[PDB]
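All remarks here apply to the structure that follows.
Since chain A takes its numbers from the PDB entry, the residues it shows come out as 4-319. Counting starts at 1 for both ligands and their atoms, following the listed order. Hydrogens, waters and symmetry mates are skipped; everything else that's a heavy atom, side chains included, is used.
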Amino acid sequence: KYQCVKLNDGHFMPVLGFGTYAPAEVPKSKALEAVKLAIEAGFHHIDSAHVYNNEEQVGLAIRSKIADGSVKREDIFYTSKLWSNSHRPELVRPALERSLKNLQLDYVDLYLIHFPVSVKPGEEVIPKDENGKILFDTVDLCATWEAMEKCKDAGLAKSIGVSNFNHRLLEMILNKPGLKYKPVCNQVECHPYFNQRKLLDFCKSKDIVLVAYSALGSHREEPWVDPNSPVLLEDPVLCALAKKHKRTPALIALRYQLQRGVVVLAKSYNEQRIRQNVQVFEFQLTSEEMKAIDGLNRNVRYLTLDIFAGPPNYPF
Ligand SMILES: NC(=O)c1ccc[n+]([C@@H]2O[C@H](COP(=O)([O-])OP(=O)(O)OC[C@H]3O[C@@H](n4cnc5c(N)ncnc54)[C@H](OP(=O)(O)O)[C@@H]3O)[C@@H](O)[C@H]2O)c1
Ligand SMILES: C[C@H](C(=O)O)c1ccc(-c2ccccc2)c(F)c1
């Protein structure tokens, strides 16, 4: 057994997820070993995406661990994401099918709209013109959503959700005429320096689960993240809590999320830290400790994705 939350479509999501993105300088082979170790350590939720360029490796990890008898498919919750070159409704299913072919899996447990800004279709994930300008595309995301709903009725995605949506774009989906399925989740940046309380409360009021990425302060990959941004895990309050509980600042930051009702992702490709992160289930924070962590909030967003700023759907 393992800790899961009931989604608004009746499916269950493990509350601790394994993040799989690594910057491009890291070989892909590392994804294979890391996901196997994650499963060994007791992660039951694995977070990837087409744009991570690792689904062949992550899929092989999964398959290997099923095939050697370590785990059943039903006890892996696998998430992929629809990249913005495939927002057009007729391209949604083909993108999911392509992911599933790279994975050699029959379905994903969760498929998300990765980012609300659309780009031109084709193989290139960030298509640019000859002058380096991103080739943006105009797509009705409520039509993209209808295409997601059909993927769910086809059984290719057990649940569907979104990522990097703001209040306005969520309302846009939720208020859609003929809506069949609400998003189960909104996967967004969330940590003690950006605790998303307002958006969390909104999602709760709608029974949408907030899934926290960059919960340990992000991969800090340039130029996506500003190197002058504070280092979350160096925070003196988180470090003092860690010392008090004989844990680590990472574990404090992960436990914080669980207790506030957030499903939390954690990426590590280091054997020791993968095993450490599952220790989030071994301790609890008092109300006073949780308040101290609420106090660290500083409106620091690490991932702006501001190369996609300009179009109206840019969410930040
Ligand atoms: N939907 C989106 O738009 C979106 C955006 C960003 C992230 N994500 C997802 O969320 C995942 C996690 O976010 P993120 O990758 O930015 O990284 P994150 O989980 O905040 O982690 C940041 C760093 O923490 C280190 N770390 C992990 N465990 C640690 C521990 N116990 N003690 C100290 N350091 C630790 C890792 O280094 P080591 O590997 O060396 O341990 C990693 O580099 C991604 O992999 C991806 O699956 C989604
Ligand atoms: C933000 C999102 C994520 O981290 O999930 C993400 C991840 C990776 C990319 C990315 C795409 C092309 C080259 C290098 C990185 C990207 F454009 C968006």
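- Found at ligand 2 is the drug flurbiprofen.
- Ranked by contacts, the top partner of flurbiprofen (the one with most) is named in UniProt as Aldo-keto reductase family 1 member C2.
- The residues lying within 4.0 Å of flurbiprofen, counted on heavy atoms, are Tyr24, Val54, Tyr55, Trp86, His117, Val128, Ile129, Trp227, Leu306, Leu308.
- Covalent bond for flurbiprofen in this entry: none.
- For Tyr55, a nitrogen or oxygen atom sits less than 3.5 Å from a nitrogen or oxygen atom of flurbiprofen, counting backbone and side chain alike.
- In this structure, atom 11 (C) of flurbiprofen lies nearest to the protein heavy atom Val54 CG2, 3.6 Å.
- Looking at atom 2 (C) of flurbiprofen, its nearest protein heavy atom turns out to be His117 NE2, 3.4 Å.
- Result for chain A: of the UniProt NADP(+)-binding residues, flurbiprofen comes within 4.0 Å (heavy atoms) of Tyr24.
- At the heavy-atom level, UniProt-annotated substrate binders of chain A within 4.0 Å of flurbiprofen are as follows: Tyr24, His117, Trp227.
- Flurbiprofen has no nitrogen or oxygen under 3.5 angstrom from a nitrogen or oxygen of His222.
- For atom 8 (C) of flurbiprofen, the closest non-hydrogen atom on the protein side is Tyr24 CE1, 3.8 Å.
- Under 4.0 Å from flurbiprofen, there are other ligands or ions: ligand 1 (NADP nicotinamide-adenine-dinucleotide phosphate).
- The single protein non-hydrogen atom nearest to atom 18 (C) of flurbiprofen is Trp86 CH2, 3.8 Å, given as residue, atom name and distance.
- In terms of protein heavy-atom proximity, atom 17 (F) of flurbiprofen is closest to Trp227 CH2, 3.5 Å.
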